[PDB]
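So, a structure with 1-deoxynojirimycin in it.
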Amino acid sequence: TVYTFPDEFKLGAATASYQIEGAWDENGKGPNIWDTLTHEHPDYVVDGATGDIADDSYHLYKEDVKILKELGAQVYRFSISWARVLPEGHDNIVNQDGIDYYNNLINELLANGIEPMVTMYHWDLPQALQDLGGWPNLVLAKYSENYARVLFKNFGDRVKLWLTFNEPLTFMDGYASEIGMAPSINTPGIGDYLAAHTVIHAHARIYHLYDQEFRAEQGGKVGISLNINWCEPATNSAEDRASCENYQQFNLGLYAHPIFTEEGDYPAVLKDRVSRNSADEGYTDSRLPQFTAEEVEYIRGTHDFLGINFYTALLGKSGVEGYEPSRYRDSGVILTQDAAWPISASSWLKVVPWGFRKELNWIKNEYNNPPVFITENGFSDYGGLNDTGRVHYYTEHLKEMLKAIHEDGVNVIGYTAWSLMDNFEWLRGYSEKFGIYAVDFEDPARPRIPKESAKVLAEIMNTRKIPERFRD
Ligand SMILES: OC[C@H]1NC[C@H](O)[C@@H](O)[C@@H]1O
Ligand SMILES: [Cl-]
Ligand code: NA
């Protein structure tokens, strides 16, 4: 039993638009902040790589569906490129080519028995909106509502699973470094918090929009994909446990407390630590933006499920480090990695499968066991088809998730592996491979070929169980 998936549980794979599509300026698509970063700042990216072509999924979407069908995916999580649909960011111009493209993909999926799950925003903000300041500027919440309306109107008759945002904890960091994630702005501890605030408002507007204008007719579900690392106490002390709770609240709680709790608002520890630090540094005003009571009420409850991206764990101990000001310094935890944990091709990603189970329990307890869809989980290497590290990563993480479901009563409802295929890995370019299918980026045809992990995941999806040879 502990090795069998629940009958209704949905298994599949995931991608994101900038990472796979290419066709960056084709057929009316407007420029986004990743076009800007990779074109103007190739020095920020391994190999000076760009997403100009990537997997060429704009042209090769039928090949993506073919490999999903081979895999036996029940669900395909993909994102929509805002600037492909609304090239000016604002809703004055709708690019019919973009509408046609995503309709083509959706219809191809459905014709092949695969359910679409759509992420509205996976980091590719139109440059015209970044030019207003991007996410730190609250005007983007209404622009996001208007973008979502176009998506619901055009696609919501066939799409029943939506994610407003992917990893705002990550993309807010594009406002906390001059050389990092797009738009590569250095306002740590100030602009990243403003970005988070706008995102939360935008998410809430989109959810309410769905309720008001679409739900009765379309009958789907709207969630959000939040990333979180497990944070294990470095020692068993109460002090180290406190630091790990700080981590959860400063990483997951930043977004999930306003949305997924009965109380709403930011976590108290977030408000209090930033207020104190801001005062001690001489600011008249806290660096953390505030919600009014009316806003708190509007934002809380804006969810039909919780999307989780899970990859790894850290060790946390009591203390403070990082630059002043910064979210890390504000969070009041000293983070490290255990040298014993297996490595990947990504400095940040160590293999800690039991951390997945711990995180799922933390979520269950904090948010009253919301339905959780694992929207990403995966592993990097530098290349190769005999990807034993990736196979082990998946089988162990899936076993831990199944224990969370069956032993711990966590309401996990689905899982999409990151990623269907090797793709543009942001600042790492094509150097770090996350796919279960390999792609030859030197071959203009971009063939997708199965790795061992694709074969093992197909076996899992077909049999609906963890095969005996991978059991403890
Ligand atoms: O870093 C791996 C993977 N993690 C999370 C992101 O959502 C995805 O875009 C990225 O490729
Ligand atoms: Cl066997
Ligand atoms: Na329209």
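Residue numbering for chain A follows the PDB entry, covering 27-498 in order. The figures here come from the full heavy-atom set of this structure, side chains too, leaving out hydrogens, waters and symmetry mates. Both ligands and their constituent atoms are indexed starting at 1 by order of listing.
- Put simply, copies of 1-deoxynojirimycin show up as ligand 1.
- Lab note: main contact partner of 1-deoxynojirimycin (ligand 1) (name per the PDB entry) = Beta-glucosidase.
- Closest to atom 3 (C) of 1-deoxynojirimycin (ligand 1) among all protein heavy atoms lies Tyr337 OH, 3.3 Å.
- Remark: minimum distance from atom 9 (O) of 1-deoxynojirimycin (ligand 1) to any protein heavy atom is reached at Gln45 OE1, 2.6 Å.
- Taking only nitrogen or oxygen atoms, main chain and side chain alike, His148 reaches within less than 3.5 Å of 1-deoxynojirimycin (ligand 1).
- At the top of the distance list for atom 5 (C) of 1-deoxynojirimycin (ligand 1), counting protein heavy atoms only, stands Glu402 OE1, 2.7 Å.
- The organism that the PDB names for chain A is Neotermes koshunensis.
- When only non-hydrogen protein atoms are considered, atom 11 (O) of 1-deoxynojirimycin (ligand 1) lies nearest to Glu451 OE1, 2.7 Å.
- The binding-site residues for 1-deoxynojirimycin (ligand 1) (non-hydrogen atoms, 4.0 Å) are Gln45, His148, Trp149, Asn192, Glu193, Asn335, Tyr337, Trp374, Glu402, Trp444, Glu451, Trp452, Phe460.
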